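Figure: fidarestat in its bound pose on Aldose reductase.
Throughout, numbering of the chain's residues begins at 1 and tracks the sequence. As the structure lists them, so they are numbered: ligands from 1, and atoms in each ligand from 1.
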Amino acid sequence: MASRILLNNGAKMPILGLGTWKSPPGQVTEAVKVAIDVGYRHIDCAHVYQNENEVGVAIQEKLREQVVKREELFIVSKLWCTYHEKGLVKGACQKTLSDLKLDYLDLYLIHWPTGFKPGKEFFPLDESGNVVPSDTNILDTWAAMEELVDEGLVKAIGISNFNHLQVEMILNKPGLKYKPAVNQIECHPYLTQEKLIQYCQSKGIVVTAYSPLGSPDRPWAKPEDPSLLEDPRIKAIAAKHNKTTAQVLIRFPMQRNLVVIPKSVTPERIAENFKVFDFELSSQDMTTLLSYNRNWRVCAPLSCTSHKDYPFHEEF
Ligand SMILES: NC(=O)c1ccc[n+]([C@@H]2O[C@H](COP(=O)([O-])OP(=O)(O)OC[C@H]3O[C@@H](n4cnc5c(N)ncnc54)[C@H](OP(=O)(O)O)[C@@H]3O)[C@@H](O)[C@H]2O)c1
Ligand SMILES: NC(=O)[C@@H]1C[C@]2(NC(=O)NC2=O)c2cc(F)ccc2O1
Ligand SMILES: [Cl-]
């Protein structure tokens, strides 16, 4: 396996990065420091996570320390839904850059296809709990993203949580200047995404798998929910390979030509999750893991399900 995948902007992206959603601000600086020390070169960030300043402290220290060069890092962040307004995109990007202590991002993603009313609240609601949309056409948001490339703020742009008709709309945008480099979507053995991934790869868009361990720390977890990490069938595949179940869950998307971004704030697990470049799942193992699909989707925000661009009503 190569450690990096070539994007349609000509840059190479590490196929393993560190996720940072839910990483507490008093733990994420150490987590990212440890991650860089143990070989991670890709960090997945977002303004909505409320921890970019602390991620940035870690990145900056490792750069200052000359543990790594900036060109060796691949830092990803995202444009939140309340900033889809072509006069807010640049400022949102710049705030992320300032917090991360960077002068460019390697990749900046539209976090969701759904624009929300601008303001202080990340999920502005009406009195019945429905998110308040913005009217901004996503094609217009895409044009705003393209400007960020042309201004030097970001090396690549992409999308997240876009369904295939939404990807297609971007690809069919009149006057499209830059194709999306990446679509970042939920993907794991219970939500295998075969249809959406084949579509994206056919267009040359790299897919990043989020929540690859099934997000056991998701705030809405229930004790009765499915558990990838506890699935005896996955544990058996892991045992056959002398690996952990997490290592199998990370290697799985890698062998589908995906990028994968497991989150941890536990130093031992950070180091564990990186030890996935020295074994191979067989094709039979891969097909077996794929067979576990159930369309079990953990990120599906109820408040957004009436938004006209909500992505998950479409089959894929
Ligand atoms: N684009 C989007 O809309 C979107 C949505 C969701 C996620 N994401 C991105 O994808 C990242 C990963 O997804 P996620 O955070 O939802 O969940 P995840 O990576 O599937 O799971 C994280 C959980 O697994 C635990 N864990 C990590 N390694 C483990 C191991 N070796 N053994 C046992 N447990 C382990 C972590 O615990 P500890 O931290 O306590 O070690 C944490 O509770 C996010 O952090 C974010 O960067 C993006
Ligand atoms: N419910 C959902 O699906 C999303 C998931 C999500 N996680 C993530 O990384 N991107 C998201 O948008 C998230 C993150 C937040 F900081 C706050 C809410 C939130 O909800
Ligand atoms: Cl964001």
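Including duplicates, the parts belonging to fidarestat are ligand 2.
For fidarestat, the residues with any heavy atom closer than 4.0 Å are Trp21, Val48, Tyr49, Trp80, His111, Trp112, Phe123, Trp220, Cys299, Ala300, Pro301. Close N/O approach between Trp80 and fidarestat is not found [any backbone or side-chain N/O within under 3.5 Å]. The single protein non-hydrogen atom nearest to atom 14 (C) of fidarestat is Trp21 NE1, 3.3 Å, given as residue, atom name and distance. Taking distance alone, with nitrogen or oxygen atoms compared against 3.5 Å, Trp220 stays at or beyond that limit from fidarestat.
Among protein heavy atoms, the minimum distance from atom 10 (N) of fidarestat is reached at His111 NE2, 2.8 Å.
Looking at UniProt's NADP(+) binders in chain A, a heavy atom closer than 4.0 Å to fidarestat shows up in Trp220. Distance from atom 20 (O) of fidarestat to its nearest protein heavy atom, with residue and atom name: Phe123 CZ, 4.1 Å.
Counting protein heavy atoms only, atom 16 (F) of fidarestat is closest to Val48 O, 3.2 Å.
The nearest heavy-atom contact from the protein to atom 9 (O) of fidarestat is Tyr49 OH, 2.6 Å. UniProt lists residues of chain A as binding substrate; of these, a heavy atom under 4.0 Å from fidarestat occurs in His111. Shortest contact from atom 12 (O) of fidarestat to any protein heavy atom: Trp112 NE1, 2.8 Å. Shown in contact with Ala300 at under 4.0 Å from a heavy atom are these atoms of fidarestat, numbered in order with element: 3 (O).
Result for chain A and fidarestat: the nearest UniProt active-site residue and heavy-atom distance (1 Å) are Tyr49, 3 Å. In terms of protein heavy atoms, atom 5 (C) of fidarestat is closest to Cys299 SG, 3.6 Å.
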